[PDB]
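JMB2002:Nanobody complex.
Chain letters run alphabetically, one per sequence line, in listed order. Following the PDB entry, chain A shows residues 1-156, 158-225, kept in their order. Chain B is numbered as in the PDB entry; the shown residues are, in order, 444-492. Residue numbering in chain C adheres to the PDB entry, whereby the residues present occupy positions 10-129 in order. Numbers in chain D track the PDB entry; the residues on display, in order, are 1-213. The displayed model is a subset of the deposited entry, and contacts were enumerated within the subset. Header entry for method reads electron microscopy, 3.3 Å. Basis for what follows: all heavy atoms, side chains included, without hydrogens, waters or symmetry-related copies.
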Amino acid sequence: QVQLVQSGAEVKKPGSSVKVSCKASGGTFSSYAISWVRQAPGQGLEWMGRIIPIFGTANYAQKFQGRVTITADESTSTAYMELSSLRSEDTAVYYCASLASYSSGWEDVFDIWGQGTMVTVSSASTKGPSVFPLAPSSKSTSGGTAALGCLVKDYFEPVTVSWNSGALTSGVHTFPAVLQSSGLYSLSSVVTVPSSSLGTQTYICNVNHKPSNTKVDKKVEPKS
Amino acid sequence: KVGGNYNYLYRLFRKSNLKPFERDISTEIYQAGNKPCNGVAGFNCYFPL
Amino acid sequence: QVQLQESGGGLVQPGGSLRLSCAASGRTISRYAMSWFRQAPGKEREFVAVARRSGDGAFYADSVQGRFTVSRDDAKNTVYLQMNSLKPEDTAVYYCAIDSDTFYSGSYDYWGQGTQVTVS
Amino acid sequence: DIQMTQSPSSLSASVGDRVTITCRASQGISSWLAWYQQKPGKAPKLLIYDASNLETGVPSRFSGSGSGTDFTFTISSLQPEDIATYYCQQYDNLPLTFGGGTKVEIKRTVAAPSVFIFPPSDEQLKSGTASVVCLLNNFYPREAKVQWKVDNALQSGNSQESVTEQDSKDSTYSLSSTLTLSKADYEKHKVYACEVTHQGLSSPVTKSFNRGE
């Protein structure tokens, strides 16, 4: 089976020429014309980079020409992309894909996509989660249950949350939240529980991030 | 395209001929005069396509 | 500031169909939406329908979906309603209402008056 | 500017509806065109890679056709799994750009929502900050009221929002609004609240609270 793989998720910074790499498995790397896809949350396919490794020719989209470069090194069986002058729109799940549909008899449709990674360039939040609680009143209840929540918004990579070791899930929710005007991100979650346990069970909201592993947990305390 | 279209590929160099109406799908690396280039560099071992 | 009127209704034979209309003056209703209500004589109220400007059809209450149609005309501030298959449980007065909000997708509903629809 | 667009931003329909929807572009082409389906933040599906051609994996419910500047996307039935967006992208020339697409949701009866209010706690006060969230859940439509009624007044510019996609379980929705404060504002704003009005609501519902709790 054929497959392409990038390196682990990482952080990219503007104002310099960064060296991004990804490998192709299954047949020689020289057999596939590799295309880079910066699939964004809203936008879909991309064509900002295409390289035929053995011929060495590469073309780019009108947005990236002049400042970028691609280099294929078959010694380590890797294809490199020199990227510079980044903008905030680069928040996307990147894939290096095979555009090798010329020997297939089909006109260059993409067939194989790599595992891809969520590149971190924006000023969302990690490294020092300042969690604080949020507690409803037991008057706005419906269905015989009450809810809880917490929120984090401080510093900079993206954020992820958790409460406990996945014990009770009578009801849970999460939102693709927004970032504060300061340019820093906030995220929240909600869980529900019968009214007798609300606040008395001493719930705790925890937050951690992969790039740094800064783990902190602080409590929540609604009223019954 | 004005300065691109590198996905339209064909054959400009290869050694062996194929018989009439024979079937072939090969895209293997070409030899380098010496023993072939098995996924490595060599003299030229230029690509089929 | 606020003004709306209606027309139609009366005492009619059951089993057939009927129409109902409503309109407003003093303003352009393109910002708001329109809804209708029903209330049998000496009893409580019930929902009828609502009109949306997107033109994606119409919405009605649970038990009145398959026999009602509603329409609206922004430029004229008019609301139109139609009903079919009269039954002893729907013999009632039908009110006109405006789903009002300041250039918004949501709305708070304000009611006016209605017309009589009574079976023989 | 070779770009394609759709006319009903939020195309709604029940399960098993006949829809002949169109994707129109400024310039017409006879080849090098495809259509996709996609979730928010996930790769696109190879649904229609060519004009009037269906590839493996496509269900019989969807199909494509057309010619010129307009192309008709035929829907024999809309499955509840189709909470997603369509696209009508082209790849004819070098300077490419992506389409806009349309949003899809399942038309369903309306249900009564769940409404909550999230006042702050004394830990926020001792820490220097303050905030409030009031939430809305289990409603069908794609938009509803979470209006900010800080001291019975609207606020914008320093507030935040939070919304989900359509809950594929019973085609429901949720929505919320947020607040964040310094001290001086918390000290002079006495009664906080967010007012909600709903189709099946006869009077504006007001969820309020105070600072001392």
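One finds JMB2002 in this model at chains A and D.
Other chains, heavy atom under 4.5 Å from JMB2002: B, C. In this deposit, the organism assigned to chain C is Lama glama. When heavy-atom pairs under 4.5 Å with chain C are tallied chain by chain for JMB2002, first place goes to chain D. Under the naming in the PDB entry, the designation for chain B is Spike glycoprotein. With the cut-off at 4.5 Å and only heavy atoms counted, the binding site of JMB2002 comes to B:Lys444, B:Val445, B:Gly446, B:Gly447, B:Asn448, B:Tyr449, B:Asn450, B:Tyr451, B:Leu452, B:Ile472, B:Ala484, B:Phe490, B:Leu492, C:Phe56, C:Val59, C:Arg61, C:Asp65, C:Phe68, C:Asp108, C:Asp110, C:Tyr113, C:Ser114, C:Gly115, C:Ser116, C:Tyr117, C:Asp118, C:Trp120.
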